[PDB]
Amino acid sequence: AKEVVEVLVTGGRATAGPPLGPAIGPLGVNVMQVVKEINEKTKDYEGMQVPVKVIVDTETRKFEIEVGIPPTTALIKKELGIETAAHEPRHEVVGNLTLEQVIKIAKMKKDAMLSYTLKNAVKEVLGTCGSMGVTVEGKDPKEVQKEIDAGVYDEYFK
Amino acid sequence: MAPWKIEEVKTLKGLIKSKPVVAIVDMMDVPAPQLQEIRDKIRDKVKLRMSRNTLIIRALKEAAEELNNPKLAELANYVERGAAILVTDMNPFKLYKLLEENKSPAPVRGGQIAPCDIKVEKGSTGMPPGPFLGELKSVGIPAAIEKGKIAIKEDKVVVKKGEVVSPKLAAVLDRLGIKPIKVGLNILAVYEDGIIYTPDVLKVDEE
Amino acid sequence: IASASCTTXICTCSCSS
RNA sequence: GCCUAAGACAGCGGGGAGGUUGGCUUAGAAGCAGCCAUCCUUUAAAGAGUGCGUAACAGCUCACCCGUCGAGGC
Ligand SMILES: [Mg+2]
Ligand SMILES: [Mg+2]
Ligand SMILES: [Mg+2]
Ligand SMILES: [Mg+2]
Ligand SMILES: [Mg+2]
Ligand SMILES: [Mg+2]
Ligand SMILES: [Mg+2]
Ligand SMILES: [Mg+2]
Ligand SMILES: [Mg+2]
Ligand SMILES: [Mg+2]
Ligand SMILES: [Mg+2]
Ligand code: NA
Ligand code: NA
Ligand code: NA
Ligand code: NA
């Protein structure tokens with residue numbers, strides 16, 4: 001048979017257990033084999049969570065690896081160069097991004113999002129910041145969101 | 001006449017009047033992610049709006065009088081089930097194929113039945129011993145342990161078109177990961193140029 | 001610190017049984 | 001008096017989605033141990049979740065929408 005398994009691993013730091021472990025060893029494949037080559041395709045990606053799909057055949061021995069796109073909270077912390085975000089969101093800053101920065105993230109995740117417009121991908125991303133103690137353009141993001149709608153920025157687009 | 005309802009009928013009427021072909025589609029049983037996928041893929045080819053069936057019917061009947069068009073009043077006759085308005089420039093037959101293309105297979109569950117034949121294909125099913133064998137008991141799926149792993153005896157027919165799939169004959173098929181029926185936007189009927197096309201007519205192929 | 005089929009970070013979990 | 005045939009209460013069936021396993025914390029902590037936040041998107045609608053549940057996931061449920069029913073509800 002062929003079974004596909006996705007787990008999110010720390011990029012470069014992938015180990016033989018668990019998260020990857022309970023997810024493959026039932027596929028009758030050797031464990032490190034699908035570990036070396038992960039830390040290969042996620043070298044650049046050091047320290048961050050990233051989705052990894054392992055397409056295994058259980059029959060005749062073989063696997064393959066598809067490195068996916070990191071979650072949004074991840075992409076945010078390495079435009080900030082941080083590892084752990086706020087303990088009390090909206091009670092502390094951590095935590096600042098410029099609107100062009102968020103845009104760059106939005107195009108990366110827009111294709112997995114529901115939003116069919118850039119401006120909506122961005123409003124999404126801003127929402128995630130509201131959960132983390134990050135601010136954009138030096139203000140609460142709930143506000144930047146209002147402004148994109150109010151037609152304040154608008155030049156950063158089209 | 002809750003104010004939201006008047007504007008609702010207004011919005012529907014706008015759609016109806018706005019394009020040459022008006023279709024009622026059944027939206028029921030389509031899970032949200034598939035529906036989001038589909039709204040996304042046909043977004044620039046069509047407009048699609050779900051509403052209560054009673055309001056879609058006013059909107060059709062009112063639109064009909066404004067346009068002096070008796071046969072899209074007749075379209076209201078087909079508003080049934082999970083009904084939604086879809087309006088476009090595509091001729092109906094192209095619309096039908098566009099929507100058939102975009103359906104998807106899903107588990108059959110308890111009390112509906114067979115669009116086609118189901119069926120179980122054999123070899124290993126992956127599971128360890130357990131209650132699952134004492135689950136292919138009832139169903140007449142012949143089963144035993146082969147190589148320490150659950151396996152069915154046969155490529156059988158448990159069903160055939162026209163008679164009932166048991167409640168738990170279905171949740172067996174679900175755990176087997178079997179997807180016999182297609183789900184998606186299903187056309188109840190389509191109006192264009194003084195004609196109402198029905199699913200019978202829209203189906204016909206080349207012989 | 002131990003079990004079979006039971007955690008997320010260290011090393012135990014689940015399986016046959 | 002207000003809501004209600006442009007569809008009441010109750011039941012039943014379907015949908016109950018995406019960023020996203022929100023941040024933190026934790027061995028784990030994914031709506032549902034705890035702390036903080038509680039936005040945005042597709043929408044007919046759908047809480048950063050009401051209760052079960054699971055080691056965590058899963059699953060069941062509930063809000064919410066649509067259907068069915070058809071005369072009452074506050
Ligand atoms: Mg998109
Ligand atoms: Mg009626
Ligand atoms: Mg009701
Ligand atoms: Mg229900
Ligand atoms: Mg349900
Ligand atoms: Mg976590
Ligand atoms: Mg939590
Ligand atoms: Mg869940
Ligand atoms: Mg829990
Ligand atoms: Mg909303
Ligand atoms: Mg009264
Ligand atoms: Na239906
Ligand atoms: Na999800
Ligand atoms: Na602990
Ligand atoms: Na949790």
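Numbered from 1 within each chain, the chains take letters A, B, ... in sequence-line order. According to its header, the structure was obtained by X-ray crystallography, 2.8 Å. Because only heavy atoms are used, hydrogens play no part in the values below, and waters and symmetry mates are left out as well, while side chains stay in. Modified residues are described as their parent amino acid, or as X where appropriate, and contacts from their additional atoms are not recorded.
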Review point. Quick check: which of cagrilintide, insulin lispro, thiostrepton, ristocetin, octreotide is at chain C?
Key: thiostrepton
**Study point:** Chief binding partner for thiostrepton by contacts (from the PDB entry)
**Key:** 23S ribosomal RNA
Practice item. List the other chains that have a heavy atom under 4.5 Å from thiostrepton. Key: A, D
Point to revise | Entry label for chain A | key: 50S ribosomal protein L11
**Study point:** Binding-site residues of thiostrepton, heavy-atom cut-off 4.5 Å
**Key:** A/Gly17, A/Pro18, A/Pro22, D/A27, D/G28, D/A55
Point to revise | Residues of thiostrepton with heavy atoms under 4.5 Å from RNA chain D | key: C/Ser5, C/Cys6, C/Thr7, C/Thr8, C/Unk9, C/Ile10, C/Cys13
